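First the proteins, then the strands, lettered A, B, ... as listed; each starts at 1. According to its header, the structure was obtained by electron microscopy, 3.3 Å. Any residue that departs from the standard set is noted by its parent amino acid or by X, and atoms unique to it are not tallied as contacts.
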Amino acid sequence: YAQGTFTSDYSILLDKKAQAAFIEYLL
Amino acid sequence: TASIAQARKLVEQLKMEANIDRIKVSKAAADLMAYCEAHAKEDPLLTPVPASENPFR
Amino acid sequence: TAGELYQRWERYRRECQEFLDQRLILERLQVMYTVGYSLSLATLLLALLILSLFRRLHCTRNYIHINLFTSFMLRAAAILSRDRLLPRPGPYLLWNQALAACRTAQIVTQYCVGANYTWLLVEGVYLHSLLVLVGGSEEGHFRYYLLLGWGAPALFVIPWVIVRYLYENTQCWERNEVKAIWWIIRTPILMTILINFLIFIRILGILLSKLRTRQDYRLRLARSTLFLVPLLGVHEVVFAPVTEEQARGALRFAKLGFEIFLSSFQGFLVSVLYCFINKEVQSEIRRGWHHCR
Amino acid sequence: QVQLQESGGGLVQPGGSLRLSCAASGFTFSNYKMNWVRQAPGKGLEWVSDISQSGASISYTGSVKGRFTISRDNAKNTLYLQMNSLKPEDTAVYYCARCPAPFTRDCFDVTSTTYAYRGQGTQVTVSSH
Amino acid sequence: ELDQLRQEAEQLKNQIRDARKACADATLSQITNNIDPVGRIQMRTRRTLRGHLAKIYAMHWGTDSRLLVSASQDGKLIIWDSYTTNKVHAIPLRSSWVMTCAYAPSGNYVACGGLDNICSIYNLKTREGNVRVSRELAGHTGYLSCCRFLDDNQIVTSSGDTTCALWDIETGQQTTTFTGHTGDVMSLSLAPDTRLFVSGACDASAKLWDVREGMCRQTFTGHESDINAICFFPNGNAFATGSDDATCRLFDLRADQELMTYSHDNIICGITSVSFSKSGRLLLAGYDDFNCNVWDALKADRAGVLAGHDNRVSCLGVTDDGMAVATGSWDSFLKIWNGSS
Amino acid sequence: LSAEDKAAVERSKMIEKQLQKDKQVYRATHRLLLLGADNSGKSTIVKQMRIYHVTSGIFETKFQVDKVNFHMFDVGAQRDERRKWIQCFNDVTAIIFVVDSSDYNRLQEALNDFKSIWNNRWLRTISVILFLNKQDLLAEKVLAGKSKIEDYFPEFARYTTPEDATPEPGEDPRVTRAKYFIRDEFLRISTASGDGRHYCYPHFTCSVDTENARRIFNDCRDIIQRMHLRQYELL
């Protein structure tokens, strides 16, 4: 099941980028 | 002998068959033309009948 | 997760008041695999049309091909529909109507993938029963095949709705935190794939006997297996060599990309191999065109 | 009237030669695979040779291979078969018979006891006075 | 001895040939040169009847332009309706191999027969409503090719042993036998007056018989291969035959010679069934190359083509009122064609 | 009006229900045509399976092997000319052609009969199960040596026993060479024009043999598998 793993990896890989940017945006 | 019986029958068959009256092709072809033209109006396949009356919708 | 971060962020004020390259390659895969998916939707629809409305080709074999083809659209359309939604934080930077929509779109895709995978098994079973089985005149199993074709994935995905919702419910059924819940849907996919491998071997064993009896040979066998591999979807078994290893590096992305590649263009490949190459339908269009002219 | 009267034949000394010509009329002597069936005394009809629609495909029975030749002339409307080195057991009545249908390669009933498109038959005898 | 008889036979045939040419002033095409073309003829498959599992070898329309009976090599003899497609009977045959079928003019009886030398006859309107074989007319040596119901009590069967016979149903015996052709009799067609009939054989000659007298009257030799099918002109003074050379020839009774040969250079297959229209102007011919050709009797023109069949067409029949044309084939489908204004 | 029409449709529904039942049994059984000459052991072949019993025209024998039914037809009373009734057997599973190997005289007639069957337009897709019958008498004729096959087939002096030959243990080399020459004579016709639509299945058979329905079964099964494979374009 290629599809599921790709969207699971993409689910976190983009989510983590939002985190490390949200804190940096404050400062 | 079977051969002699067949040959006698064939000659007798052809002898009676050859003694028939033949109508000239000009008259025979005219009769075929006359029949086709006479009944051409009542032919529902050469000239299709209106769909209001044919059974095959 | 991200959502937990804002929850603890707000509560702090209550007391007070009293990773770049991997994204790019995934994006490059995102355009690549949606190109194959979109193309496969366009090309096979032409194949399905010219093969379904033609009363000349209506044998039981083409019924499965009709049903196999329509499972590719329904699988490809669901992927495009789910990818179109994609409620990504970036689309925004309170929200509603999307987290529940992502639940509905994803759950359709899960059944859509299961329908496609189990229909490849049905075609393998029917072909196996057409050669190995003796005495059965067939034509009476189509009731069972339709049930297995579309009803089998229901048993794979309906429990997945219940067991994940009450145990490890996520935002929109996209995050796979625990690999244990990743089964129930993945395991039947593997079981169907493994069964097809046994059926594929059996047919190759029979076809070897047919080629050896009447004796060039090496070319005929090579074309036949590659003619048969996409029909039973058996190429996927060699891209899943016990994932317990999980090698790290660019090899994992390269292996996943090739695995994604074949899945994306499977619909177009199956459409062209059994609608265009097939001489019967190709030559039949000549007979139909002759009447038109 | 499909008629296939044959010519030639008669008395020939052993080891000699003879030629049979079969002239076909009443049908287009083309797109028709012809044959040269024969019948020995006291034996059933047997097949000797055949020729294709326009030559280029010729076969013979085993016993006559290398001794007989068969040729056709579409313009002349004649079918030819030339014997060479006659042998005493070759005494038989030879017929020319065409295939039942045109544009075909499956001539079916050519050695049957009765057949519409067979010739009258030419007698060939190999003996000495 | 033998030479004395054969010398008369050759001379006698010469007398007939010279006599025929004497009464040949102009051809039919020469006279019909001023007759205006029929025009392009388009036909639409109004109904398609399915239910036969194997190839269809025979069909016959009913007297009421309805209930065509068709026979197929799976051992079935279905009686259709041609309106609403409803099947009326599915009579099963003792022998799976059937080469002909018939429908009685009264509509009560249906005949059969094939590669079994037996012309089984079925009573449709039984007291209990169940169809059972009423008679098994045996006596033919070769297979049975065609059988036409001449009156409800007699039937003329053409067999593959170079004979045609007239049976009496109640007695079950050959009332008279027509020892004619030297090859298999492949087709049969009675005159509209039910007095004479014709028969095309495998010797490329179609004879004409007198049912009452029992002996052949005229012999027609214009073909060059086995005659597969033969019909009658609606007036009963002409007939058309189709053979293996892909030619349909319109013979004449009084003139005792052929008139036209309907053919084309693009057709090499060979006719399997012929049938005239209601007025006789059209001549449909079921060819081997999967489609039929709608000829024109008065002038060979090939007005239309009914190209709708997968396998070869082995059937043809025009209803009594000439409203529809049914063409069975080896694909196990009967298509009922019709015109369109 | 619809009251009477419903009765007609109700009958048409009953007829279709029985036709569907007969479609399964029609497609379950295999129909075979048996062909041969006077000298061929056609009757003995039939009598072998005549045990399984359940003007004349055509005979039929029903024998079933491994729960698979076969129908086996043999024309009884038909004239010499067979170019018109042979078209009825264009849908049979296979043609069982029986040849008397130990004749040397009508062998050429047997070869011509096979050639016309192979090249017939309507039999172009029918596989032929060849049964070179009466192999036991061939051994006696060859061993005695009075009659020489060379006298009828000139191309026998240069013939050599094929490498793939599998003679019975204890069979004389002369018999093996002679029996395989006849088989290769028929297969030369079959392989000349039969590409993939139909094949020949030669079988050396004695006058009496307890395993002949299995040979037909093991070879009709091959025909069915090949046709299905060719339907999928895998062959």
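- Among taltirelin, taspoglutide, dusquetide, capreomycin, retatrutide, the compound found at chain A is retatrutide.
- In the deposited model, the macromolecule with the most close contacts to retatrutide is named by UniProt as Gastric inhibitory polypeptide receptor.
- For retatrutide, the other chains with a heavy atom below 4.5 Å are labelled C.
- At a heavy-atom cut-off of 4.5 Å, the residues contacting retatrutide are C/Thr1, C/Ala2, C/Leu5, C/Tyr6, C/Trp9, C/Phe19, C/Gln22, C/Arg23, C/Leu26, C/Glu27, C/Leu29, C/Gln30, C/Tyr33, C/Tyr37, C/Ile79, C/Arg82, C/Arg88, C/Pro89, C/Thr109, C/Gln110, C/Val113, C/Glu174, C/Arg175, C/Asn176, C/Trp182, C/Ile185, C/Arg186, C/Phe253, C/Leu256, C/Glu259, C/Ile260.
- By chain and number, residues of retatrutide closer than 4.5 Å to chain C by heavy atoms are A/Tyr1, A/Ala2, A/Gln3, A/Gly4, A/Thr5, A/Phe6, A/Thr7, A/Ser8, A/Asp9, A/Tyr10, A/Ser11, A/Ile12, A/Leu13, A/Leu14, A/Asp15, A/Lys16, A/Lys17, A/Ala18, A/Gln19, A/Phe22, A/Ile23, A/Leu26.
- When distances are taken between heavy atoms, retatrutide lies under 4.5 Å from the transmembrane segments of chain C numbered by UniProt, N terminus first, as 1, 2, 3, 5, 7.
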